[PDB]
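Figure: structure with pentostatin.
A, B, C, ... go to the sequence lines in the order they are written. All residue numbers given for chain A refer to the PDB entry; the residues shown span 28-521 in order. The numbers used for chain B are those of the PDB entry, and the residues that appear cover 28-521, in sequence. For ligands, and for the atoms within them, numbers begin at 1 and follow the listed sequence. Every heavy atom of this structure was used, including side-chain atoms; hydrogens, water molecules and symmetry mates were not.
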There are 2 protein chains.
Amino acid sequence: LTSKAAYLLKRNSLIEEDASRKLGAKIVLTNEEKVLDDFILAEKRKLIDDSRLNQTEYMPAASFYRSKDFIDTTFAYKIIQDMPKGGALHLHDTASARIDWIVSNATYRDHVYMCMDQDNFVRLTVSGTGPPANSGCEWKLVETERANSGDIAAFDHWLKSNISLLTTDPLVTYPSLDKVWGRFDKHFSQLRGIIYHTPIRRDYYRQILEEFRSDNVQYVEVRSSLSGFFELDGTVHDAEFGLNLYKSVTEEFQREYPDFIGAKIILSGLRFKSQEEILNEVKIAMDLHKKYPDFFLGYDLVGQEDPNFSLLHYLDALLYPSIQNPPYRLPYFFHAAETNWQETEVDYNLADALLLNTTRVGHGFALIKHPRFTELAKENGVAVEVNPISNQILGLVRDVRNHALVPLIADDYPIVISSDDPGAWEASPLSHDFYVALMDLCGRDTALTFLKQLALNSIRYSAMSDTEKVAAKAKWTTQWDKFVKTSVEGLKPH
Amino acid sequence: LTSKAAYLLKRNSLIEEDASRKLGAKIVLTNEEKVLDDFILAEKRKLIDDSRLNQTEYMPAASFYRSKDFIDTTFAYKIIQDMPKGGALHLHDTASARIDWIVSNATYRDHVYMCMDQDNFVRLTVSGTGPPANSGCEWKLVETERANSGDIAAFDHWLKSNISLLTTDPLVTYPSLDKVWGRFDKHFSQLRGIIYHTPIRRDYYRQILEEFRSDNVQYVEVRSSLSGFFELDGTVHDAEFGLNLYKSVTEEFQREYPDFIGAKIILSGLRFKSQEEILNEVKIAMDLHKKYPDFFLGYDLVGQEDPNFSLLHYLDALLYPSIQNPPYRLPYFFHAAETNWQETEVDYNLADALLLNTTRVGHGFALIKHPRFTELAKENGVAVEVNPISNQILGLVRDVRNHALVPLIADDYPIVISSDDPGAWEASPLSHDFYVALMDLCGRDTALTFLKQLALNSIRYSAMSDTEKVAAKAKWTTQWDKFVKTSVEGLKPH
Ligand SMILES: *[C@@H]1O[C@H](CO)[C@@H](O[C@@H]2O[C@H](CO)[C@@H](O[C@@H]3O[C@H](CO[C@H]4O[C@H](CO)[C@@H](O)[C@H](O)[C@@H]4O)[C@@H](O)[C@H](O)[C@@H]3O)[C@H](O)[C@H]2NC(C)=O)[C@H](O)[C@H]1NC(C)=O
Ligand SMILES: OC[C@H]1O[C@@H](n2cnc3c2N=CNC[C@H]3O)C[C@@H]1O
Ligand SMILES: OC[C@H]1O[C@@H](n2cnc3c2N=CNC[C@H]3O)C[C@@H]1O
Ligand SMILES: *[C@@H]1O[C@H](CO)[C@@H](O)[C@H](O)[C@H]1NC(C)=O
Ligand SMILES: *[C@@H]1O[C@H](CO)[C@@H](O)[C@H](O)[C@H]1NC(C)=O
Ligand SMILES: *[C@@H]1O[C@H](CO)[C@@H](O)[C@H](O)[C@H]1NC(C)=O
Ligand SMILES: *[C@@H]1O[C@H](CO)[C@@H](O)[C@H](O)[C@H]1NC(C)=O
Ligand SMILES: *[C@@H]1O[C@H](CO)[C@@H](O)[C@H](O)[C@H]1NC(C)=O
Ligand SMILES: *[C@@H]1O[C@H](CO)[C@@H](O)[C@H](O)[C@H]1NC(C)=O
Ligand SMILES: *[C@@H]1O[C@H](CO)[C@@H](O)[C@H](O)[C@H]1NC(C)=O
Ligand SMILES: [Zn+2]
Ligand SMILES: [Zn+2]
């Protein structure tokens, strides 16, 4: 009737037309699921409106250092903690478990040594033939140092404080992409000596499995170098040994916990190695994918993407599987366009990843800046592994609401949410990144369809076979319905 | 043939396909324009590669406070300075001239008083009836304080410092959207008393025109309140008086400088006023658009959009022109979705703006987050006024390379670059925002086709009639050809 009423009808048409395109709009919720969705929506909308109208800071989009405790004090984070989120498809094996486990378990073992390097960073290693040979760092046995500390708890807390990235605010202590990446590489060099010892590495991978299961994540796809596992006698094993160790741990864990879906491993090489070495690693990946077709997925090039070699620089090595007669199909999981640049060597790695038939693309922070690349990656079914906390800390974004992949989420783009390296910055396996996605990557009228669609895409866009995908969806559905029923009974009066 | 060569063919075909979607990709440059583009590209690529590979900060992406002098020492900024950029379609009348003009001219006039308010901010006013009526701050003539100052240059520089937003780094001293918006409103309240005096306002608008012509901008569309211009006797004039004053100044300026295209005015109301006041402003805008259709353009709601009323909240007043018999078509230039939020009232103001047949959208920072809104605006031809430095300073973004509208640039969306309030933060009329757009909003292989497309879209998406647009483009083409010829003769060896 009224021109105002006709305008409002057209407004509802347009707004529904726009808001139905977000990822997860296809989700239909049962009444109990709607109860949980309303529970989450109330808190999220209260926070959004309090920040917007009272003109106060929106903590969910703040630095994870400052917002971590705040997140830990919200009811919705408890809901997400109890929620089974499916799979974490983008992880690195050396920083996916608590640093506290390394401090309280690994550095308590025999022959574990420490030393303060030239940069005032603690380094931990394992050497069975007495103190290790090094003059650039004065090595002291950790047992004697802990005994001499007097206060053992303070010593362990300091040991975690000199290793963790969250001891101070990374956005302040390392206020540049270069500085924070230097701190990240320093963290890895600190943990390299001790974490590559074979027993400690096996127990650390076991801890990765346990911690991700406890956070109600049932499936993982872990990137690992797989080689360099050493013993007290000095023996250094090849990548196949590491793959077999991971496989045995995973099979034992699956035997213990039937609710767990499992784990699969991707081989990661470095973006600054010689093309000869990268070709050697590609050949190793081909052999391991042949010999272990169900557990070994493929190959990936990791390391800081801006200052190191491009995908094209390794092109020969990456084309070696395809030039065979018959051609061999080696899957890829490229980190691509993890950069703030445009039309450079870094973000144009997206073209290489798409042309090399990559299974998934890590980050894709510059993907939105390339229209045809986005279209082609969506058409081919290449999902994007978005790691919001990783992208904030490692210098890509500062306000998480300004993340580059938010519009792609709002237009139903194939995406999964993962943590990259959770342990380095003291983050939960997937619930903290899920909370960040819920509070920063979707609109005010989006609470639970988004999270359930992320949980579904973590299985759909995994590397599992179709039969494995169906079985994994069955297990995840069992856990999800159990969680929904328990939460609703815990919140709904009777 | 060669697998490497065939892959390279596919890769270059894909990259050409993707990079042709960018704004201005269809621009064809003459050989002289190619020389200028090569110079700009060399400078830009040097900066980009030095920042990326040597791991040093990319200064153009930093805060305008820190990067201002660095920009002032580049060759590309010199070229942009000499370049006629067309028009500035997003300006505000009280902050489109240098603060130095107010300090060195206006506060040297008679009847000008000053006071330090309770926030230690200098406020300037004009009172022809002795000391000003307000006693909350002791009003003293600027002449007396300048006399007692000792160093007059230091006194005037302190005036500019207490007035300007760029005296300190706003991203540090006001590290919140709300705090920096408070500083912006404080700046406006500082200059309100003196800038609304009729002679000073007239000369300030004249100075706006002069400064924008000096920076090779030939056309402007300025948003103004147009009402409240007062005299020494206390007479307060209506919006028609101020509009006619602007029109007379513009006609005189056009007569003096034939190379100038001209100026047109938009009526801006504040989005926190009463609905009755906004309705009366809409009626006044209708009357002024009827009486001065060639000089008066339309209406716009300005002011901080996050904590104030939405476009829907004013729906009655906004639908008043269309409900008449016959319906009246009042053009709109709504500031829309200048926010980091999603699926809230602020960014859903885009739906109201689109349904109200807005000519252009101011900022539209969250437009990319809404796909159907972007598509519908693209179909309807609604351009977006991108003000990069304003979006950085006022708290929307920190790294300009993470600007939300960069992907829309890369997919050829209708946009025009402007400055919002340049004089507020010591920015050149349009050259600085153009340099920021060049170095932050387009790829490494994009220098001059982008800038020429910006200049062309500035004329296509103006409010000028179809007959006036051809003549405006003729003037701009004359100036552009002179600029290209002179710059090439100054750089080309022959
Ligand atoms: C990424 O995946 C792509 C799709 O699987 C790969 O492209 C495919 O590469 C395979 C193996 O090299 C090609 O299959 C062979 O093609 C040729 C020629 O047959 C075709 O061409 C002739 C004339 O052009 C035509 O008459 C035929 O009907 C075929 O169309 C023969 O040697 C073999 O019989 C065999 O079929 C595919 O043609 C090709 N597909 C496409 C769609 O291009 C690509 O190599 C993969 N890249 C990587 C890095 O793994
Ligand atoms: O296995 C350890 C190595 O992994 C890299 N690495 C670890 N996390 C990431 C890495 N590389 C690239 N992108 C960011 C993030 O996904 C670096 C480290 O030396
Ligand atoms: O006429 C002056 C008033 O205009 C507003 N104003 C001026 N510039 C802007 C404003 N508000 C909204 N968006 C950002 C920017 O474009 C506030 C100021 O008090
Ligand atoms: C703003 O804060 C007050 C108290 O500080 C609170 O009552 C009010 O609900 C808040 N506004 C919103 C929108 O949450
Ligand atoms: C590590 O410890 C040293 C000395 O104990 C201290 O000075 C230094 O700041 C610490 N570094 C980090 C990164 O915690
Ligand atoms: C460390 O944890 C492993 C299991 O991961 C356990 O077997 C071992 O006993 C622990 N070590 C210590 C010293 O408690
Ligand atoms: C990096 O710095 C070196 C010297 O410090 C210089 O020669 C080079 O041109 C710089 N830029 C690069 C490598 O892009
Ligand atoms: C200020 O500018 C006006 C207008 O250009 C000029 O007439 C006047 O002389 C200037 N100086 C003053 C008022 O001191
Ligand atoms: C303004 O001046 C006062 C005193 O001269 C000073 O304390 C204050 O910090 C200044 N404020 C700004 C915003 O420059
Ligand atoms: C917008 O224009 C269309 C025709 O172009 C008209 O039907 C519609 O009523 C207009 N809406 C408004 C709000 O002016
Ligand atoms: Zn990663
Ligand atoms: Zn504006």
What ligand or chain labels cover pentostatin here? ligands 2 and 3
Identify the macromolecule bound to pentostatin (ligand 2) in this structure with the most contacts, using its name in the PDB entry. Adenosine deaminase AGSA,Adenosine deaminase AGSA,AMP deaminase
Any idea which other chains have a non-hydrogen atom closer than 4.0 Å to pentostatin (ligand 2)? A
Which residues does the binding site of pentostatin (ligand 2) contain at 4.0 Å, with heavy atoms considered? A:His117, A:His119, A:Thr121, A:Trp208, A:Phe211, A:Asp212, A:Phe215, A:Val329, A:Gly330, A:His362, A:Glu365, A:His390, A:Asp447, A:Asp448
Could you tell me if other ligands or ions lie under 4.0 Å from pentostatin (ligand 2)? ligand 11 (zinc ion)
